[PDB]
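The following structure: teicoplanin with Putative hexose oxidase.
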Amino acid sequence: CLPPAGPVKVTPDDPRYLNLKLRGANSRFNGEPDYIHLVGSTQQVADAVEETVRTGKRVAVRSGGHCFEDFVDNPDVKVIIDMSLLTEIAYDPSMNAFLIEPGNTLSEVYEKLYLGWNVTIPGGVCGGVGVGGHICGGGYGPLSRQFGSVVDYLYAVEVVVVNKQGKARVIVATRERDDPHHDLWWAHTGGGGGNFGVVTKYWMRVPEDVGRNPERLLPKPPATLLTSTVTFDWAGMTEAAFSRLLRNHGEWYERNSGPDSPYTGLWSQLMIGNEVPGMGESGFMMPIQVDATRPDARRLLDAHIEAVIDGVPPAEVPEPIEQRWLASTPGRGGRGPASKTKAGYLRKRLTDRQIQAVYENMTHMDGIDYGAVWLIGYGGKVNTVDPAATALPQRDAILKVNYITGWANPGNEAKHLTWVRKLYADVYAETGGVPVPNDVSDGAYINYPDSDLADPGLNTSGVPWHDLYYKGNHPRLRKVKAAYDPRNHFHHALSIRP
Amino acid sequence: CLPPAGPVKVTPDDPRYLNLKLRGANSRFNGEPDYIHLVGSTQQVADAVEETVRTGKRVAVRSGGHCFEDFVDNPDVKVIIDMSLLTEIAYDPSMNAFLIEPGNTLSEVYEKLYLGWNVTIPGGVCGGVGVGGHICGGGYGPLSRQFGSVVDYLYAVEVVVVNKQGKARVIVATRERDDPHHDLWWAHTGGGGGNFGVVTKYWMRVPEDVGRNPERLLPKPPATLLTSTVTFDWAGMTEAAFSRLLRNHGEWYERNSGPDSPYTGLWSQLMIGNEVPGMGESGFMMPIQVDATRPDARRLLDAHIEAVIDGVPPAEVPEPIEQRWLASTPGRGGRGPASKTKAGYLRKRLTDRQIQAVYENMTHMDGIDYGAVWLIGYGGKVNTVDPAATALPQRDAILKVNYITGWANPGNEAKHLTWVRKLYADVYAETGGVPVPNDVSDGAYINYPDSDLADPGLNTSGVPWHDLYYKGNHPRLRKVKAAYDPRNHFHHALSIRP
Amino acid sequence: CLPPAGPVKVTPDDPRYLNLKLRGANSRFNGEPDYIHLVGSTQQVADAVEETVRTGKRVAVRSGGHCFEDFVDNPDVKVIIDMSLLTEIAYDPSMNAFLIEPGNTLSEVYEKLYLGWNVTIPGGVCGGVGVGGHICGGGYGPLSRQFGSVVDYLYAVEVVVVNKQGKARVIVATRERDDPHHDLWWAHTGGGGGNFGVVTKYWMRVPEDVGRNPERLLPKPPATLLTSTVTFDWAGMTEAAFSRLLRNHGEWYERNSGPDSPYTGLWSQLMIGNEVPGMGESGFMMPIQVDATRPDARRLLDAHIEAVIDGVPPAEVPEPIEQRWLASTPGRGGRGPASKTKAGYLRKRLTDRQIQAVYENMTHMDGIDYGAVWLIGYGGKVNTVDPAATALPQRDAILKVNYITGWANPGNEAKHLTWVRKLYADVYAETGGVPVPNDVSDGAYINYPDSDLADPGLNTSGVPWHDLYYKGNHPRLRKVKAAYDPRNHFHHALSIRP
Amino acid sequence: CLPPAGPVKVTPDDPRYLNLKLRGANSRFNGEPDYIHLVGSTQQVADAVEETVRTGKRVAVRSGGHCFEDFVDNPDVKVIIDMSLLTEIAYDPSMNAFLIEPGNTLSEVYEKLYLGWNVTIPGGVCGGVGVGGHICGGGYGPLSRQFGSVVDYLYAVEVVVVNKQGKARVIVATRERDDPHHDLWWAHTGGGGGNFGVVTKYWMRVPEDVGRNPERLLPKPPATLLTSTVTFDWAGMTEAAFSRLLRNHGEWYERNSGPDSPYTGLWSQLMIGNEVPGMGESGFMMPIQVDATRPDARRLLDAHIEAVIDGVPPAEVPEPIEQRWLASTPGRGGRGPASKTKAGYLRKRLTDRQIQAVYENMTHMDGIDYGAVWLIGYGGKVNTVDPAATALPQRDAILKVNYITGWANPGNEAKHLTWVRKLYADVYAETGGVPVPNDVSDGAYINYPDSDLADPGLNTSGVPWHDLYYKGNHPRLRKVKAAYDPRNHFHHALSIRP
Amino acid sequence: XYXXXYX
Amino acid sequence: XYXXXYX
Amino acid sequence: XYXXXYX
Amino acid sequence: XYXXXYX
Amino acid sequence: XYXXXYX
Amino acid sequence: XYXXXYX
Amino acid sequence: XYXXXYX
Amino acid sequence: XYXXXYX
């Protein structure tokens, strides 16, 4: 074991400064921190934190940089603690679990877990997403119907916290019923980043006893996937055609998202977007994948597609393609165009009125570069967990819905925010412009944060932002916040209040 | 300090097998090994090597997969030792050098060296190239005129070798005087991969006494570069204008490649290619960059461009752009289209008859998907080193020249091979079809291996392949080979014979 | 017991070069090799071969020089390995067979086998044909109706082959079914010369157990022969008389070529050519020979003759002459006049249209010095072997037919080539100008090579040259070729491709 | 921004005359200039220089007054340009370096550099030494093993030179390879004062690119030092013990003076002197200091002490004391008693014969008020620079050796000069009485000038003074002297001759 | 689609 | 150009 | 000692 | 219009 | 305590 | 001229 | 011409 | 050097 790299205090005259200041994904947000602190160990994270306490400089942590909101890049952040040098991925025999450090990207995790042990975690798709924010926020992705949220594999966290006296302490907190900081562990199963302290290590494993064999300690990914992308032509997509598609798709998810369904091995996303020349993920399409281990895989796929496209003339269905797990190296990352995403959970399909509001706004998008609604497969095995057993309260949803817009020139920001705000507010007009939990909706996902949910011009429901994200888990999150960050040193626009 | 990942023997039924079998860059080559052995430590390498000696299985190591030849992926290789898990990069106080493991990519190395210590090494541009092959084969890139070859920073190597009794042993060999395996260290300063044993660690540092401050132990990259790409248009290019261009360019490099030139901070490459639709690196163009630290940088850049384009009408010159070091991450990547590259060193420009041969073949490429001649800036600080001080004998060259073709369909291989081989043989017609060391040429670079140089049908010079790659270093490299791999267990098409 | 003669490299300055360069039988072919290598032992042959692989010089073996095609003498061949010094003929006790070296002529073979042990082999007539190309090519002649092809006595071959790494290796391959190189043995039962490697030894032997007694290890030639030649007078040859002759001859051969026929002791050939004063083998005639050991021998000769000339006014029968076996030792004859031969196999007589085509072309040959059609007796005991048991697939034919022209002057080559090609194409006009296997024809014999059969102008049947010569045995020959000459070091115009 | 003070021509009636005339440290030297010109700007210096050329008056600059020889205070000097008012110390953004004017004392420099930016230069200890003579003469002191000579930080100089026409011009000469006056910069890296012109500014900085942060532009001094002085007693000391002492010490310095030694952070001087009542720097003692920021410091100090005293009982080894950097002000300067110092460099320790000569002379010093030999720690980081890269040629020494005498009464000058000259001539008796470079000696240091080295009755080696001080650098110095002071207006007893 | 990007 | 690719 | 002076 | 805000 | 519920 | 040959 | 110089 | 001792 060689000594760690770091620490480095990168000030504005250091050549690394702009690279580190600009490594956020969303180019809507900027800040001008006094310095950026690169840290190569837990002890250096403790020292960096203590320094900000002593100087009273507002801090934020950056891992992957993918925050949807201005939590890290904003004019008030004076110090960024950058986790880029903390990238260990290993079997830890003392924890009998996989140690995954916050500075890793998902694509590094998926590769290393796969090569080393033929295991994976059921996390997000976008390769550049950081472990640091993703795990504690409740990460999920295409394998979540099959294996749950990444938080259902969270065993422990090491966290640098600040006590009432202003000292930095390190706590290792496990899920063991008898661990005295078991509450801290719980809060990291969906509480979200930038609330409790600096996560320095995550430890991941199945909750069942399976011995000390690392190859049994995390789910086995599918050897191969059967994939297909159904494409839709906007020129034939009348309101009646559009609306049949959404009803078909939604009823399909209402029926086939139980944890004992054969369909826990399938995932899709319906992407309702305008087509943008430079951008392959734009337009109106539905990518699908299914675990090709299963003899039924092809049937499951065809059954899904037919249920979805029945009565929809403008659907184009290509031949399916079988692909190996991680056959093309996942993504990369980098600074993207400015965007705004709003979000909600669905327990039942969008109603006919909601479907029609999506239609109306998607057909009135003059001067909008990119605008879309994505309906993202969820449930399955996620839904075997009790609402209170992790910090994620939504344990019977079938879909996550995103309301997205993106713009190329900063000058057009206001128009695009106005567009996506109208879309969302029309869709949720019967519950004050937001996805109030009810028969249909179930609030929102903290890894897709949206400060609009705290703005009472935009949310007129009377339901605060924190009840939309956390529901009945909020009171306990508040208690953990008070117990571990009594001074509120870790905060941002939608941070759990003391 | 956690135990290493591995070992894993990945046989054909393991779901990792195809990924690993297929991770070579050049899709011209394929093999079907009995297994691929993933190794996470030096001991595991030693065991994996011993196993192949004991079963008599033909072995090849893969680090980054970028081999230009079939040294790893061929029908005769039965075991691949895959170095993917060996990725440490750290300051090592007991060597007072940077430890870089062979499974790292260049992209990973550059980023970590820069973040951690504001250092770099003067290696290749392609981000996906592996350390393992790259370093021992004499790695170079855009900073080589300013800093030399990566081998000029090679302080030590750790290698797993096989003795005459068939046992695997580990040797650490350094560049110090009185190092009892100084010969082994020397052979890895340009001898090429797959010859001596398995490199499991490289240690890199400046040869000067600079103390123990890791920030001084490797070259400091420039904070910013001034960049421009001059584009040329084939439609407007006469036989005369083409010739003028190549003379201008070559003569400029003859005058401005000395180790004491102010142009050691400039690099360019002249890419004489056909235009290919979605391939950004195709076409007829000359990217240039200059270290933007000194106030003369814009002048140097301007003066180079005007020298090159003087009397050449179909040239387009954009405004230069100032870019920060590593402002975008090297973007690779993995398995590419099928290609063949042939290579030579230049000490002087291509002669008038050689330029004629280039024009002729480049204007007669019907059926050729991509064909190009690239003239890559070299020399400068590279040429302070004595030809015998490292295993790279070419220490007064000004350019490296590559002769490149690539094809999308395997059915068309023979026609593309024919074309590039005619191009090469016409250029080198006066010395048997190959770049025999003379006043103008200086053989070839072992990191661009080409089996055609050992094919007496294509090489008619009477100069063996090993003399073109190694010149007067070949005898010493043969003594190293006999001393450390007496059984010839490490071998391939252009391997040093004991 | 003395060392062997050789090796001698005969270069253009050496007095022996021209004799050696000019020892091919057909003066239509010329070449200019860098040198001709005389070799006196198998080791010298392996050295010579290995040298041509290291230097990249295109090689051809010459044994007797009788090739019908330019396989040896062409502008591309740079080294001839000349087998003139390899002339051992002996009983080899350790193989229990007759060792016969390739540089022997058939004349030497017959004479020495006769004197030493009263045996022979059923090979060709022409005394200067070499063992080298003759045996592996399926050699036959006047005794083959009685004894089969010489390949039916091929017990083993010693071959110098070049392996994948370009090293020369010596293999002894035998007829024994459990021989690990049995397939190489098999390919030399009619594969043809110039394909697999250099034969350095042939061992010849009957298949039956007969102890270690050399005197019945090969067939006993007849003590005496009865011979007669019939002559036909062109002046009296009306179309009517010509066509009767050919129907008589062919139907006689249809009825009398079975393995149990008494006429397996008879052989004839019908030689339909113009008169050339000074050349004894010209004119319109039919030599016949029969085994005078038989009590029925005089009647077989008379029966054959009467059947042939029935209703043919211009025939003329002289008195038969009895001759002792090898009473005059066979010639001959040095380098000869330029000529072209095309060939087919006949399973039944030429149809009436074909006879008419033969007739039309023989009566329109102004400016042709020599033109002829020869119908050569075949079948009998040859036809007892399965098509797949040797590389010769024709095991039910009755005649071989050759279509022949020859010219005194190199300036008339074009005019004679035209004539023999018209002739052949007219004869075969119903099957794209070639003897496609059917009721009447059965492809072609590899010892009568003809490059026209791979020219798509002249061959428009769409049936490739190699299915004509080899039919159903091609696939196995193609595999032997890939197994034993992977690099294709041994090739020419009608060579097997891996 | 205020106008500078000066100029003031101080004639003998001015009440400031005598103070200025008598401000030389060594009272052995006196002059009577016509006037002393106080200058407060570069332009005032140029005017004062031109005036002396114009009146043909012999000039000498005085900065700190510490000259060991009569270069400034002698009867031929008619004008002294006194630099007392030129005392700026500042960061200069245009040079990205520290501007230090020549009238500053070392005391002032260390204080201001430390307080302003926590930096230092590795110069002399004697507080009242002037920047003007010190820097261009190659200043060193106790930090030089760690950091080099002060000339290794000399970036540029501003010099008032006189052209052949006799006009005063201002030149700024820099370390930049392409500086037109680079040679004149080089000559001020150890050429010594009063040779080339009047330095009016030095700019100091590290040679590496470290950005524009002034806190990184010069070496950081150690925050604390660990110190101890070992004392010896003359009473009872034998020759054997004394010899053992000197050998112990010199051998330690031979082993532990490499640039990569941990002992680069240690310095000591062995002071072998008679005990003088009121004079705390007299006596027989070895002060030591070590950089105390290193955890090894107590251990290095302890080990050095033990090596020196091995088998040689000291009078006292006190407990080490930790002291803060600059915890006391270095005490003043002013006018001291008359002294003579003679000097050499050591590459290896004094030989057994030279040690005996030191002992003999130090035990025969009847009537000598003070006499001593000081062995001063050197080498370390000094020794990473090439002999030709600055004007200091000694880049592999381990010690400087001073032979020192001092006298209270002017009437005793002769006998003290006689004693110190005998000691020096005895020590160097095998090389003509002077430190001719060889295996042991390396000449002399120009900031300790000694006219006796130019006197053929005292230097009988055949090696002239200039070769003793400048070795292979002299020819380059002469060229710069000819080029920039063609009239020889700047000269003194040991001045470089054009 | 279904894989990320942006290229 | 001058940066790698193949996008 | 090691500091200068003169006291 | 249709721009909004607030900035 | 320190663990939650609800049971 | 200035190119070679021979054609 | 076609060759350069200058002679 | 090349002698001995100890001194």
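Numbered from 1 within each chain, the chains take letters A, B, ... in sequence-line order. Parent amino acid or X stands in for every modified residue here; extra atoms are dropped from the contact count. Side-chain atoms are counted along with the backbone in the values below, which use heavy atoms only and exclude waters and symmetry mates.
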What are all the ligands or chains assigned to teicoplanin? chains E, F, G, H, I, J, K and L
* Asked: Which neighbouring chains have any non-hydrogen atom closer than 4.5 Å to teicoplanin (chain J)?
  -> B, K
Organism for chain B, per entry: Nonomuraea sp. ATCC 39727
Chain K: PDB entry name: teicoplanin
